[PDB]
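Heading - tigecycline complexed with 23S rRNA
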Amino acid sequence: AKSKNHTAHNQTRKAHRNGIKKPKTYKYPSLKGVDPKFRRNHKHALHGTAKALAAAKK
Amino acid sequence: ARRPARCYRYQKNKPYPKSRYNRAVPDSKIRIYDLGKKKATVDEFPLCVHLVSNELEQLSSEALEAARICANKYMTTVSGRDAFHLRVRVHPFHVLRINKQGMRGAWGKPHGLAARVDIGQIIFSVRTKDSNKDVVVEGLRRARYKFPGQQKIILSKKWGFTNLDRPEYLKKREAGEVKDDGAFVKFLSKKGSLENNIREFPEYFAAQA
Amino acid sequence: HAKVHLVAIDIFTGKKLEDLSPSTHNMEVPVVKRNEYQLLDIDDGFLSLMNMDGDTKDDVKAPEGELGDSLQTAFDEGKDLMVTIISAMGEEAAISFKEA
Amino acid sequence: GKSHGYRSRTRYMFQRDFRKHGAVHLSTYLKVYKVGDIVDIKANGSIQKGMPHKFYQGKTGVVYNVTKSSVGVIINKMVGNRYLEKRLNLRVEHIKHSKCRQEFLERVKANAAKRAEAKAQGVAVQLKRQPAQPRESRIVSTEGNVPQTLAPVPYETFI
Amino acid sequence: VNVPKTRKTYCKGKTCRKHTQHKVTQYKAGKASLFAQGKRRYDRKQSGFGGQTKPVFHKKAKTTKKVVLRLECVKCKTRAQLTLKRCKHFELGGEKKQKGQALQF
RNA sequence: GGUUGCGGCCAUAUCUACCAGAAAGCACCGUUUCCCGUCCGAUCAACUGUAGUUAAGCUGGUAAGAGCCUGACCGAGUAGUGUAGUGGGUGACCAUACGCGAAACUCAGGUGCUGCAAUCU
RNA sequence: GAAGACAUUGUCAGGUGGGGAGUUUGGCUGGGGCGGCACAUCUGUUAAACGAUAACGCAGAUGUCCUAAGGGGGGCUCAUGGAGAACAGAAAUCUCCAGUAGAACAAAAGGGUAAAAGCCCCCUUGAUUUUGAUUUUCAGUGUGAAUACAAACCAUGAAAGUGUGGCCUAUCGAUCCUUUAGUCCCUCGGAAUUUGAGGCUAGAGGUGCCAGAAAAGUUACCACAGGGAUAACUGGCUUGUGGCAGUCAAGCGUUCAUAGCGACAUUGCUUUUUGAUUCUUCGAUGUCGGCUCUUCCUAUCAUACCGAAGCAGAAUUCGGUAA
RNA sequence: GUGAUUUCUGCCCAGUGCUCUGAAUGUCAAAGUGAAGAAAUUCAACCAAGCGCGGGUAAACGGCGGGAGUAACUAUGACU
RNA sequence: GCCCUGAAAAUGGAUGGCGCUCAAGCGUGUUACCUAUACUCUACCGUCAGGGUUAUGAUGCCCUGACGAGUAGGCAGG
RNA sequence: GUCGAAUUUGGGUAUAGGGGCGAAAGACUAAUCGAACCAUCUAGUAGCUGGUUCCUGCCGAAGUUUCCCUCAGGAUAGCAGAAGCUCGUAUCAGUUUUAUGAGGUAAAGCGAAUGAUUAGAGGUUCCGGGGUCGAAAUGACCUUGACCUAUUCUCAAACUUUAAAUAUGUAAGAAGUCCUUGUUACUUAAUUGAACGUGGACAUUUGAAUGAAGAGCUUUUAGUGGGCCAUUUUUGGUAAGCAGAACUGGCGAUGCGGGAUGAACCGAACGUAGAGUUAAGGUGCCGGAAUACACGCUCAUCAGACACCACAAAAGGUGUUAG
RNA sequence: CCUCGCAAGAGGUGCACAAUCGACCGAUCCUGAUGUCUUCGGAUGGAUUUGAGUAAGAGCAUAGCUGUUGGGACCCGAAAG
Ligand SMILES: C[NH+](C)c1cc(NC(=O)CNC(C)(C)C)c(O)c2c1C[C@H]1C[C@H]3[C@H]([NH+](C)C)C(O)=C(C(N)=O)C(=O)[C@@]3(O)C(O)=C1C2=O
Ligand SMILES: C[NH+](C)c1cc(NC(=O)CNC(C)(C)C)c(O)c2c1C[C@H]1C[C@H]3[C@H]([NH+](C)C)C(O)=C(C(N)=O)C(=O)[C@@]3(O)C(O)=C1C2=O
Ligand SMILES: C[NH+](C)c1cc(NC(=O)CNC(C)(C)C)c(O)c2c1C[C@H]1C[C@H]3[C@H]([NH+](C)C)C(O)=C(C(N)=O)C(=O)[C@@]3(O)C(O)=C1C2=O
Ligand SMILES: C[NH+](C)c1cc(NC(=O)CNC(C)(C)C)c(O)c2c1C[C@H]1C[C@H]3[C@H]([NH+](C)C)C(O)=C(C(N)=O)C(=O)[C@@]3(O)C(O)=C1C2=O
Ligand SMILES: [Mg+2]
Ligand SMILES: [Mg+2]
Ligand SMILES: [Zn+2]
């Protein structure tokens, strides 16, 4: 009862029938996997910048 | 035994030579590749005659040996043994395979050797004097009787086996930059060292005739 | 399918043991170790044996067969030997003497 | 019988160039990558640590993380009916810069310059690139160039 | 494989969170006590009529076992386990090998 | 323009044979008390710049030099290759149409350039 | 009359027990079986210059080994060749010169490496702890392997640095059950204390049919559901093999290649053999041979008419038109 | 089990069975005995038949191989 | 190049057939002509999209444009 | 065949289904026997076979990935329909250019490395082997190997310096560039850098082409998970309407015109009609359309007649034509 | 949507939703203040950890299409027990 093993026919047609369009980039990408040193500093720097802008705005 | 060259004729597989991956193969049937006065000089034998292919195919090693014998026998019987130099220009390196239940495990044992020949590739080359054109053409006609396919006998207008068509070889020789080696020649180039060019070619660097 | 009938001899006792199995089944194979040692003296049934440098091996019972009896005769007239010991699944036994 | 290791089919891929074996050089060690740069991945075979997979050889991505000895590169790869983002941790010997990116920076500097003058003299800018326009009307001088007639050669066999 | 009887490694104890000296032993498995809940469940399930009720393993394929070392710190008496790979032969604190000593067949 | 220290590109820099090097530098060089290191002050460590030398190292030049690099309308638009045909041929394979396009060969040229700091008739 | 607190009988426990009862008796597969593992993996090639890619394709390998063959640092250069030195020679040891790696790096193959990743020496245990992120196979799940960090504590080195096992690619394992390590932790539900038991966090004991059933056969006495997804006839495609016919002509034939043959080759035809394949047929095409009977083919055994001969006649051999 | 009558029924007790007034517990359940504990319990010895060790039995199931040298033709090998 | 020899299969037999010889064969060229559910224009049906519309239907009436194959299957209106 | 007994036979009686009985055939046990018949559990289970009921409209597949005692089946991803939702505000492309990468296949190469390999030439006062010259020679004259040097013929899926074509990654600004200065426990010798910011500048080209019959997102669920053929590349095999892959297009699921006939070839894809023009194929007649025109070749006692495609070769020919 | 502008635009507020950085709650690993009955208590502060969380609630009930599971389960069909 031997049969067909592997075939790549029609696969590209299915993919391009619903195409590969894009990974949908955004502004502010995720910080998953960046260095924790300077990630903590990023947290504190953004907190300080927000406080400074609020204090200058009054 | 002895399957046809019609079932081993076309180039269908990749070249499969004797290597560390393919051992225990039988030796070819052709062992001698130069016949006639093989120690002669290109000054002795000016005219070249080529037996050339016109199909992309595989010539059997034993077809090579059979055509080599019939050619050499005819030339030696007609014009003597020293009147020609015959060189076969294809070497059987492709190992041909034989299968010998069903198609399970169908990879076969080595059967024979064959030389893959391309279109426009010289199979036989004969150099000889100018008078022996007829006997050389007839001997290569017997050779093309015994090979498969369509072949062509062409009159090669190169001085002997080398290169450099007959006016060019003349001008080089009476210029003196050609030195007689065993069964071939050495050429003077203008790129070597002066010292060894002097001590290898004195005639060019003298005022000799 | 094919099935395998095996007839074997237990070496430590020398006893015939038989077996029957389908040829596709797995069987335990003992990892026997044969070691070539030097006999110092045949003590009270428990032969004294020597490694390449070490000298523990004082536990092997002197082999009770005619091979061990001839070994005893050899050691009694001296003629020092190296003996071959088999080790397999917890049991060890002297199997063959050999003159050095 | 069948194998898919980390470096299967990578023989000629991870070979070195001819007469280029040995130590890799300190220019490739002293070039600086900052977050947002666009880099090309071509693996160096001498440094086995930090080497990428064979899929990412000759591939372009944006660096997102810069750490002690490696950088992190985001590569889009095509599996199924979608592109996936992949975050590779590659060393600076396998990472190199992108000359398309430096030429884009020189072109934006040149464009900023050109708009700065065109605003100073009040002329329209003509900033974007145009493709190869076909040709224009031309005159060719026969003086000193009379057309030499060519004919097809006969068939002479050289062998 | 050969591993020494002593090893300076990290200690998890709260009095010593640094590298301290540890003695190296082998983990031998416990006595497999009779009053464990799985054993009581097995006894009740095997009791009666019906024969064997849970599977018993037969198709052994691996010969080796991973060795796991029990490290006891010499100061705080706290223990740890370190796993070493499949080795057929194992000697705690055998003689050290010699670089270039005279071979003796 | 040399030379030294640190380098960048990593043979246009390498290799073989032979010549030249005024100044300074570099080097060879002298000694074993100490630190130190070896079977061995040969390498290494230390002390002097004195007793000397450009013999080597190094630098540069020469070689119808080997190699390497660059270029060519030299080979060659050749081999090869996409796309097309109810094109050819028994087939093997080949030609044409629209595109892309080598390598070897031949010939010509070249034989390190440069950054920082210090020093030099 | 005999036996007698023995035996019988009642209940547990061990043995024996195909007499009997249940159940099982892998997969892939140019039919199935035997063989093999292409069933979990690794290297080169097939693989058609991103990646992916098949076959019971090719050449091989793994289920190990190592307290150093892991980590750091330092000194040196390795195969091989030449010239030499008592015994000493082809080769024992010592020098010098040349030596882009032609050696070694535990193992198969590939890659990589020269003041090292090789060979010697010194010190060590980064083969450590806490969990996260990423890559490969991928469903972007698990296992395994690996990468880069972080918080510690260390090793080494003068230091920069390097080190989270083996220079890189392989060397391996879920639930349930058992056992061990951790804090001094949670629960035993009427309230307490001790043993005991159950938990949480990390490992091990192993499933090689390797995402992981606990498992022997026979059936020609057989049965059922199916299958032309699949074998044993025929037909079909192919012609290796079988058969038949050419081409060339070294030689045999007294001399003479071709009256007749014809080696070494090489080109075809046939489906009158056996293969190869599995397209049709398993809700059925009655599957060997013989007897009987008709027709067709020609690759002519005889007969008709001819040609050639090493054809004198006779007999014979080769060929033509001919079924 | 074999299958009238006549004649004969050879060798092997290693295996598998079967058997025994063979030998010592080597292993050996429940109940019973002792030690520890606060007990649940744990660990010991003692331990029946059986298994193992020994013997017998083939008109029980069954089995009954090789390899060399060796005799005046050579060849085979009574023999070793 | 064409043609001939090589060139032998079994029911009767197949350039499709008849037939064709300065072809109705082969090679090449120039025009004319034939016709598909293809293309163009128009009409009608349906679906979709965009719109306009405050006496008897506003999920109605009307305008514009595009499109219409189809097994397994999905949905809608009857 | 047997026929005076191991004979035949009636009636009565006994043995009943895992049971009986058997001079043994797995025979017989009410036409049922390798486990009778009846009723019930029971509408037992079935990954397997068969069937599966009206119309029209719109959209419209898959035979592929991974895992499974898996290969006649499922799960999962993909392909499809429907319901939509947020915007129709600067977003994308089975495409090209410009710039920049990557690769090691075709080719090529071996007087470039590895491996194979044909042939000569010169040399080694260094005897490797065989000699000769005065048995001598740690001597000459040599042959012959070997080795080296410069050449020479042919190659290589698991060789390579070089190295295509076709496919392939990224970019072509407003989420951008430039200038001063705010935060930070990160970092620096440091008012240095890194990341994120405030403020200011950047219009008839916001920074290549062309297109957009809308872009993006989510839920749910079907069927499918046997494929097959053709051009090109290619593996095993002598080959196959053989087995297995890669790119694309088809058939399945597709009618229509042509190939006489045909699932796939050529053209062209389909609502219902009318008119016109064509594609592929054709125009002697069957058969709609020129027994058109033109230049030549061929006469076949087996002519030839149109791709897929339904066959012909080597070798010959003072047949004829041209060179 | 609002303000200015006939405009093209300039600014303000910006629900839903999308991306991201935080803040809070539970778990885990630390940190361990006042007190303390001296071993309890857990303040304050964290953390490449983690949850099917919070961050001015959306659910409940009924009905319908479709899908799932169990039931004879679309209908028919075994050899058997
Ligand atoms: C099987 N038993 C019932 C038994 C029976 C007999 N004799 C019989 O056949 C009885 N017939 C009779 C009653 C005399 C008429 C017996 O003869 C025996 C035995 C027992 C054996 C036991 C042996 C045992 N080991 C060596 C297995 C053992 O340990 C001992 C001992 N030292 O306690 C023995 O007694 C034993 O060796 C032995 O001798 C037995 C008998 O003699
Ligand atoms: C031959 N007989 C005399 C015998 C002797 C011994 N003793 C020996 O062999 C001792 N000799 C040594 C030294 C151990 C070799 C024996 O040991 C035995 C026996 C036989 C049986 C007796 C059995 C008997 N049963 C059958 C009723 C009996 O009375 C008892 C009992 N109720 O105790 C048995 O169990 C018995 O079976 C038994 O054990 C015997 C022997 O073992
Ligand atoms: C030309 N207009 C119609 C337009 C078109 C698009 N999108 C396109 O290019 C079309 N989209 C295709 C390419 C077809 C997919 C557009 O995307 C836009 C706009 C308009 C701008 C207007 C901007 C404006 N200011 C900054 C000049 C403005 O007044 C405001 C504002 N402050 O509210 C905007 O809304 C504006 O910033 C804006 O959003 C526009 C677009 O995004
Ligand atoms: C590339 N063009 C098409 C463009 C793109 C974007 N957005 C992007 O770059 C893409 N979006 C990302 C950031 C990648 C998500 C854009 O965002 C814009 C524009 C166009 C500009 C034109 C602006 C212009 N300036 C000079 C003031 C102008 O004249 C007007 C105006 N006042 O009328 C605009 O409409 C303009 O301001 C505008 O709206 C543009 C964009 O916003
Ligand atoms: Mg907008
Ligand atoms: Mg804007
Ligand atoms: Zn400790």
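Every chain is numbered from 1, with letters handed out A, B, ... down the list of sequences. One-based numbering, in listed order, for ligands and for the atoms of each. Lab note: partial entry displayed, contacts enumerated inside displayed portion only. Because only heavy atoms are used, hydrogens play no part in the values below, and waters and symmetry mates are left out as well, while side chains stay in.
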task = Provide the full list of ligands or chains belonging to tigecycline.
result = ligands 1, 2, 3 and 4
query = What are the letters of the other chains having a heavy atom under 4.0 Å from tigecycline (ligand 4)?
reply = J, K
message = I'd love a list of the residues lining tigecycline (ligand 4) within 4.0 Å - heavy atoms, by chain and number.
response = J:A90, J:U91, J:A174, J:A175, J:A203, J:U206, J:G207, K:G9
request  = Report the other ligands and ions found less than 4.0 Å from tigecycline (ligand 4).
outcome  = ligand 3 (tigecycline), ligand 6 (magnesium ion)
